[PDB]
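Drug CB-5083 bound to macromolecule Transitional endoplasmic reticulum ATPase.
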Amino acid sequence: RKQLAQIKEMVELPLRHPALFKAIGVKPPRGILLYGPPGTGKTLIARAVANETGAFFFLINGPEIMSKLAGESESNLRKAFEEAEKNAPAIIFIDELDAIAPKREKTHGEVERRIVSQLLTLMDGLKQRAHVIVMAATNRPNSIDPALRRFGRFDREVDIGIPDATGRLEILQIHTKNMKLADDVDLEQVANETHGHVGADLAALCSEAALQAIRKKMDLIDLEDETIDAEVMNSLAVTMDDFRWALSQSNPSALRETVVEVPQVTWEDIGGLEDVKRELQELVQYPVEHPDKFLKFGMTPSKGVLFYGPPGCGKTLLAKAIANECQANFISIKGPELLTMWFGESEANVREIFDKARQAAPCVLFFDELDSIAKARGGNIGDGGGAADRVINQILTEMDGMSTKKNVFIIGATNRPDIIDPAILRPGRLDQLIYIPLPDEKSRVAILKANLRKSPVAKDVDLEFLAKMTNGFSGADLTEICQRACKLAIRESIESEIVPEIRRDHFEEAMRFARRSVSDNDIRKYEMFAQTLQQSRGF
Amino acid sequence: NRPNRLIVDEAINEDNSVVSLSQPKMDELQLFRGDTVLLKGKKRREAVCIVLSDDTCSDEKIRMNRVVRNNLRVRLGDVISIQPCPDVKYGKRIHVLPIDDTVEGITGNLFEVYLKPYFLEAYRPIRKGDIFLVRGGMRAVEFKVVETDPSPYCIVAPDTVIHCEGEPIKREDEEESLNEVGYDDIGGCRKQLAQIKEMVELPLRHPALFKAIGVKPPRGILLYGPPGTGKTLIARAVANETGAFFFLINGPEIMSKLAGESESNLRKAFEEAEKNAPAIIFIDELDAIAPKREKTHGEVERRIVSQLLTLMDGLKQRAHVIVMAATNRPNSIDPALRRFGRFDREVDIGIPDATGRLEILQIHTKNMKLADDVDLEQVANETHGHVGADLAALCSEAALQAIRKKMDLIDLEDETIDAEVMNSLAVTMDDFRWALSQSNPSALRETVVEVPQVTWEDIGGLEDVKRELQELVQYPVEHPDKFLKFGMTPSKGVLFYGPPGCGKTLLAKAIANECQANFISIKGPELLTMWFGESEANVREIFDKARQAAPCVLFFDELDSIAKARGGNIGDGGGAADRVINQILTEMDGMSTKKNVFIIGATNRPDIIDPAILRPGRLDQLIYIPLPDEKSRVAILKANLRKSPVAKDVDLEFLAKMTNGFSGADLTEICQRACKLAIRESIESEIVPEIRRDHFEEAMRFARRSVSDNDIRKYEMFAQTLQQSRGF
Amino acid sequence: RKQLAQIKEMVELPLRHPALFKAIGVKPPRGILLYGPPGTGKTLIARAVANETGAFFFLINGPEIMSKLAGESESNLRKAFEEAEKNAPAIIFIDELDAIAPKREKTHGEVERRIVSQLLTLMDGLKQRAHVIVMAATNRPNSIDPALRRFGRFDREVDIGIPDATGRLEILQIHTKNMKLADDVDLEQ
Ligand SMILES: Cc1cc2c(C(N)=O)cccc2n1-c1nc2c(c(NCc3ccccc3)n1)COCC2
Ligand SMILES: Cc1cc2c(C(N)=O)cccc2n1-c1nc2c(c(NCc3ccccc3)n1)COCC2
Ligand SMILES: Nc1ncnc2c1ncn2[C@@H]1O[C@H](COP(=O)(O)OP(=O)(O)OP(O)(O)=S)[C@@H](O)[C@H]1O
Ligand SMILES: Nc1ncnc2c1ncn2[C@@H]1O[C@H](COP(=O)(O)OP(=O)(O)OP(O)(O)=S)[C@@H](O)[C@H]1O
Ligand SMILES: Nc1ncnc2c1ncn2[C@@H]1O[C@H](COP(=O)(O)OP(=O)(O)OP(O)(O)=S)[C@@H](O)[C@H]1O
Ligand SMILES: [Mg+2]
Ligand SMILES: [Mg+2]
Ligand SMILES: [Mg+2]
């Protein structure tokens, strides 16, 4: 939705008013570069915006250029540009570009850099003259010739990520609108258990689910005829088990990367921690929702917040809770995934993970368990020197190039804040330090009312009573208690088959098998860094 | 709607023309057990068969064998009409003559050995124009009738005389030979075949049905499996047994010709399929067609890659055409071809297990009649890494050994061979024994997909962990209705820990077979030898095989091997983390909770593994394997000698009564020593063959302890206090 | 000695009885791959087993294929296979193969993988039809295209190592038989 409107801002404005641009000095768009993983819809949206404007549209994807003999491939591309000039206004769209201009460490073949030079010539000479726009699409950032990303050829780029749950909701109906659904069927719950599906994945899933429904009646009906009657087409309708069996197959097996979703946790949804709820807003909410402030008094807002404390305190959720109330998206970067993408002595994939948070403004970036990088360099005892890395210096240098007026907010999280370099803790990258203490009574009662929201828990139990005994337990312990109680209740529910509700004794058994996620000595270690922390800066 | 139409499906019985049905259809058409049934098809032809009764079957379908499928010209996915015919028929005179197209090299009388055993205990009627295939003499030959008694009135009875003439007739174009591959010529891959049966014949037998509906039919299907799995055989069968056109281009004939016409040949191979719709396209090898990877050598070879991408990208609906390709390894296909719309659906065909390998022997030795003392059961149990090609080569060379064993002394030098000695030949025990002792089993070994055969009664003891493993595996497999009414979510990972030699691999297998799931065993050192240095690139594909083979239970045997290489005993200055551990712990988090894939880890020193995989959401439940108790100690002894003639003088419970502080390795090695000493005195007495009490008595005294005592209390001090180690 | 008898088990059996294999279902051998260090005798034994059977034998080693101009090298190999079909039974022997199909980390040159694809085509299409066997020899295991070691092309391999003392005894006399030796001379020590 966000990616479409800003195309609506740069395509139809310089097309529906050709003579308006001829008098004004504003240079219209020429080149638009597309992004996104394969199957995102790089072709569908281009075809829609090229066919629903009335202007001419010409299609050349990539391979038909390299499929023909040498010599005429360049001529075809050259004529495809002059044919668009005469019938102005026109538009040009290129489906895949990564296999067209691989002017990188490959540099194989004489004829293939010829077409790269040909396209560079055909775009470099594009003065105003007529009203023509070329557009290209690709799958990864490190696949476009850097000579094409210069100003005047490809200076404006849009990143289209994997849709979230509410983004994936509309994709189901925009393809199943001709499929009338029964009363007991809804598309809401089925689009909630998935988190990495794109339009192509959902289209394939619905197609095969419909095939399953077709065969479920063709196996017993056995109607062998050429033409089919409409008296049975209308009676057919997909059921619950079809969408259940569709996802249990191998079609969800796809590629997973940084997903852009919006959180759904707000102030009433959580409880307690009034001492840090009062403070996080002071440094996030106001310099987002109050543009008039923060420049009359001078000064400048922060960019970075480092979260620290006992493990299992729910730092990721605490960071999400503030990002959704400022009308910003959220990208979750957990520790080990930034380590598995490191390989050895070659990553070359850092600069592009920050731009997605920039095009999707406003956005709140989160680094979950940043302590993973220090794990690999040196842990526990450590090496002879500092725990610095070529992946840490490159990100701490990258976060300093941004202007203070951008709304991008980076948030770090760690669990052992004594081994991280003060280099990122410098006054100007990570200024404010915020401590996450153990959950109090108001949060302990809330976590229990939240982790069983979809269970038929009887009213015989008391929610406040559990938090009354539970004092020295962390979020992991509070969750695993409920997990154990539900696990024992679900066993007796099946055993009675040889009524299905959770009773007080079910929580009572889970009470006795409780353990402590954290010890005691590490606690006072954590709140001795809280009051005296500015002393560690610089030394 | 005339409820008599039945859907055609292949039969499972390995015999002559016998059609199986269900029980409601038995009483619906008022037909008895043994009766003459009438079958009607298209092209105005009549065929007869026998209805067989079955109860353990599917809901509603017929079982249509290939012998009369060619007789009635009916393929898979068509319709068949059945009706009773209570007509009394008696056979007196039948005339049959072979065709001179396949009788080369056969001399002598062929009616007293190929027609006598085939007719007795059959009572199978015949019609005019029936094409039935018989077996015998290392080959299969079909018969055809030209003139006989007026059809029908033909029943096999001993009172029917025969007489040969000695003049074959020329075969016409009305029928086809049965020597080609059919749907019944493939065995070993059963799950992989049915889901192809779900995506090939459905969008082909109903072309106009898809034109009205909005469901997009399949276009590209990518095959997998090690070489020799059968990537060509199944494709040829599914392309030839559907009636649609099939065109073959493997890979090398494209690159063998001169530059310029190779692309033209591929371009014309696609337009020739459009006009004669419906058609199908199959590509034998693809890894050598599109190597758009670190190779990128040669100008003309990426030209054909772009040509094929162009020819598949432009494939709109139009006609009903499907392209299929096969390969040998996952890291050999151009990633540009695996996009949505070209290759989005993939099937993994692994090495068949023992019961999978059983059928491959007979589907190639059916023409080889075997003696009484020979069976194919035991010979397919000692092997674990053979595919169809390996077994075919093994049987071919075993037959050659049998041929030479009589050609060395018979010395019959003649052009044509007689059938009087072909029938007398039969392979023996020593042939299959000597076949495997040669170098033909030397092949490539990888992850094999087998089903365990150990259940609750097969093992004993450990009631405290049998009671618990089921609570977290069995119910959220066999009870789909649960685990969402109460909310919550099932687990994915279980980590096994304790003294070495406790049988953790077997304990993990015991639960996987009772939930109707396959099993893949990943032992420690094999995932280390595939690591090399700074380059593995082979992790992402080892998890998808457990996903396509749902349900499946994955097992990591001795995960502690990875920590061994990074740092052991003392350890390094930091954590024992690795780029092979982070990439798998990140991969196991991308999966949805509703998948039925279950990963199980096993270790022996659970104090040096990173808590990163022990996070609450990857490895939540921790299960301890204690020392075997009395009930398991008696069971292991009754299990490890199941194939030995142990006398009744010994007592099974008595041994477990002395044995208290011994582990599974010790319990096994005691029996190994007892058998080893008994087998020596058995041979020494030759200068009776049963195990006596003293044989176990000597093994009793030479017993050792696999584990010490101090490590024990170390193991059960982590059992009660383990949640404290999470996070620190 | 051991390596020879098992060739005696797979060459003359499917050649001296052509019509016997036509009636039975046993698939005769097609491809036989040789091994051994250079000078082991990969050519001598092939010539002996091809000349002492009466069947036709055609020789193409390796380099004459790559020595000629581009375009006719493939035609020569193609015609060398059809010339053997008409005069059945026949046999085909290739002297060196490591320099014919280097489909490995080398992958240099356009025309040289062309002949690899040509030979793969000419062997892949070999159904029963006549009684023809192709044989090839090499010097090291990591020099054959893995695509050629598949089932049906090269699935049976023999390793011929360096002969031992008693193995080396006979080699002296099989070449010095025309050299009459004195009384005080012996080839044992
Ligand atoms: C499933 C869940 C697990 C978990 C864990 C854990 N160690 O697994 C830790 C913290 C919160 C957790 N939650 C959780 N999840 C949510 C909420 C919520 N309550 C408020 C809260 C969160 C963090 C802090 C204080 C209080 N708690 C609120 O609703 C949305 C999701
Ligand atoms: C050959 C064999 C060796 C072995 C060993 C070993 N250190 O070699 C350890 C554990 C079981 C072993 N088995 C074994 N194998 C089997 C069974 C069985 N008994 C039940 C059992 C298994 C593990 C645990 C408890 C009890 N034991 C059961 O039948 C199938 C195979
Ligand atoms: N965002 C989307 N919304 C709706 N349908 C979509 C979307 N993306 C893809 N589809 C469907 O998927 C089909 C194929 O889309 P593709 O063009 O293959 O996707 P893509 O992003 O262009 O990546 P390629 O072209 O496959 S490399 C389209 O015809 C649509 O039916
Ligand atoms: N699963 C199988 N069942 C029965 N026979 C098989 C099977 N797989 C292979 N065969 C036999 O082996 C012969 C050769 O099969 P291949 O096509 O070579 O196997 P493949 O899996 O296609 O790998 P290639 O083509 O050799 S790279 C077939 O003609 C069959 O006789
Ligand atoms: N095993 C052997 N027994 C007897 N003479 C041999 C043997 N091997 C080689 N020779 C002799 O050596 C000569 C040359 O043999 P070669 O063909 O060169 O050996 P090779 O094993 O084929 O390796 P190449 O062809 O040189 S790469 C033959 O003509 C024989 O005279
Ligand atoms: Mg597209
Ligand atoms: Mg094949
Ligand atoms: Mg030589």
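Chains are designated A, B, ... according to the position of each sequence line. Using the PDB entry numbers, chain A covers 210-707, 728-768, in order. Sequence positions for chain B are given in the PDB entry numbering; the residues included correspond to 21-707, 728-768, in order. Residues 210-398, in that order, are what chain C shows, numbered as in the PDB entry. We show just part of the entry here, counting contacts only within that part. The figures here come from the full heavy-atom set of this structure, side chains too, leaving out hydrogens, waters and symmetry mates. Every number for a ligand or one of its atoms is a count from 1 in the order of the listing.
In the structure shown, the parts corresponding to CB-5083 are ligands 1 and 2. Other chains within a heavy-atom distance below 4.0 Å of CB-5083 (ligand 1) are, by letter, A. The organism that the entry gives for chain A is Homo sapiens.
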